[PDB]
Student: 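I have a PDB entry of venetoclax bound to Apoptosis regulator Bcl-2; a few questions follow.
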Amino acid sequence: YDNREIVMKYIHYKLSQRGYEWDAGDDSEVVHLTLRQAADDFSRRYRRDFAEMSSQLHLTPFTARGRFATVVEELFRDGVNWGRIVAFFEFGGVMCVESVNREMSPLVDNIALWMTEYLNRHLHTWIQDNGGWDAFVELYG
Ligand SMILES: CC1(C)CCC(CN2CCN(c3ccc(C(=O)NS(=O)(=O)c4ccc(NCC5CCOCC5)c([N+](=O)[O-])c4)c(Oc4cnc5[nH]ccc5c4)c3)CC2)=C(c2ccc(Cl)cc2)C1
């Protein structure tokens, strides 16, 4: 599977669903559909967390990378599982929405890059060794 495509299709779905434009996301698919529905379910179960995160990020172009790294380290500090990976995608979405809300749309390209590099380097071994995206689809698809 393709981590860049998974990130691109997720961020495009989340932003387009809420009326936000991301030019670079303008457009195997059972993975995208499964992640979409898992993420939407996560968002519904933890709306209060979705709301507190959006209201406190306080992004600027120079602090965006540090805010992303700080949250993602805390998310995986106790270990990785599929639910924390889904939460990682939803947090990336929140970062992208808040970037546009604060007139920093170019930051969406950076956030998508950071998310991809994170799957490619930090989370890669865990995802592969726990069955890859195919296991994720079999468990939650
Ligand atoms: C600084 C911070 C670190 C502070 C903390 C927080 C917020 N926290 C993050 C961690 N969190 C977690 C973590 C793990 C799990 C879990 O059970 N893990 S699990 O057992 O592996 C699994 C279990 C079920 C499914 N799927 C169900 C299917 C049912 C049928 O429909 C399809 C889906 C999956 N799965 O992967 O799909 C995997 C979980 O519970 C659930 C429950 N329901 C879920 N539905 C989808 C995912 C999911 C997880 C919730 C709780 C909220 C921060 C925060 C804030 C805002 C944003 Cl925006 C983000 C983060 C920041």
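Counting from 1, the numbers follow the sequence of the chain as shown. What's counted below: heavy atoms across the whole structure, side chains too, no hydrogens, waters or symmetry copies. Counting starts at 1 for both ligands and their atoms, following the listed order.
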Student: Could you tell me the residue and atom name of the protein heavy atom closest to atom 7 (C) of venetoclax (ligand 1), and the distance to it rounded to 0.1 Å?
Tutor: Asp49 OD2, 3.8 Å
Student: Among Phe88, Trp82, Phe89, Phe42, whose heavy atom sits nearest atom 57 (C) of venetoclax (ligand 1)?
Tutor: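 Of the listed residues, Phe42 has the closest heavy atom.
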Student: Considering the heavy atoms of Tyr46, write down every atom of venetoclax (ligand 1) situated less than 4.0 Å from one of them.
Tutor: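 Once the distances to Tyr46 are compared, the set is 40 (O), 41 (C), 42 (C), 50 (C).
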Student: Nearest protein heavy-atom contact for atom 19 (S) of venetoclax (ligand 1): which residue, which atom, what distance?
Tutor: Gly83 N, 3.7 Å
Student: Please work out which of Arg44, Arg84, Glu74 has its closest non-hydrogen atom nearest to atom 2 (C) of venetoclax (ligand 1).
Tutor: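 Nearest option to atom 2 (C) of venetoclax (ligand 1), by heavy atoms: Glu74.
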Student: When you measure from atom 44 (C) of venetoclax (ligand 1) to each heavy atom in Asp40, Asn81, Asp41, which option holds the nearest one?
Tutor: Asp41
Student: Check each of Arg36, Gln56, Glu90 against atom 58 (Cl) of venetoclax (ligand 1) and report the one with the nearest heavy atom.
Tutor: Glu90
Student: Could you check atom 53 (C) of venetoclax (ligand 1) against the protein and tell me its nearest heavy-atom contact, residue, atom and distance included?
Tutor: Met53 CE, 4.4 Å
Student: Which other-chain residues or nucleotides lie under 4.0 Å from venetoclax (ligand 1), by heavy-atom distance only?
Tutor: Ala38, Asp41, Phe42, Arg45, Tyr46, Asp49, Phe50, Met53, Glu74, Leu75, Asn81, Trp82, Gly83, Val86, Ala87, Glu90, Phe91, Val94, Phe136, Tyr140
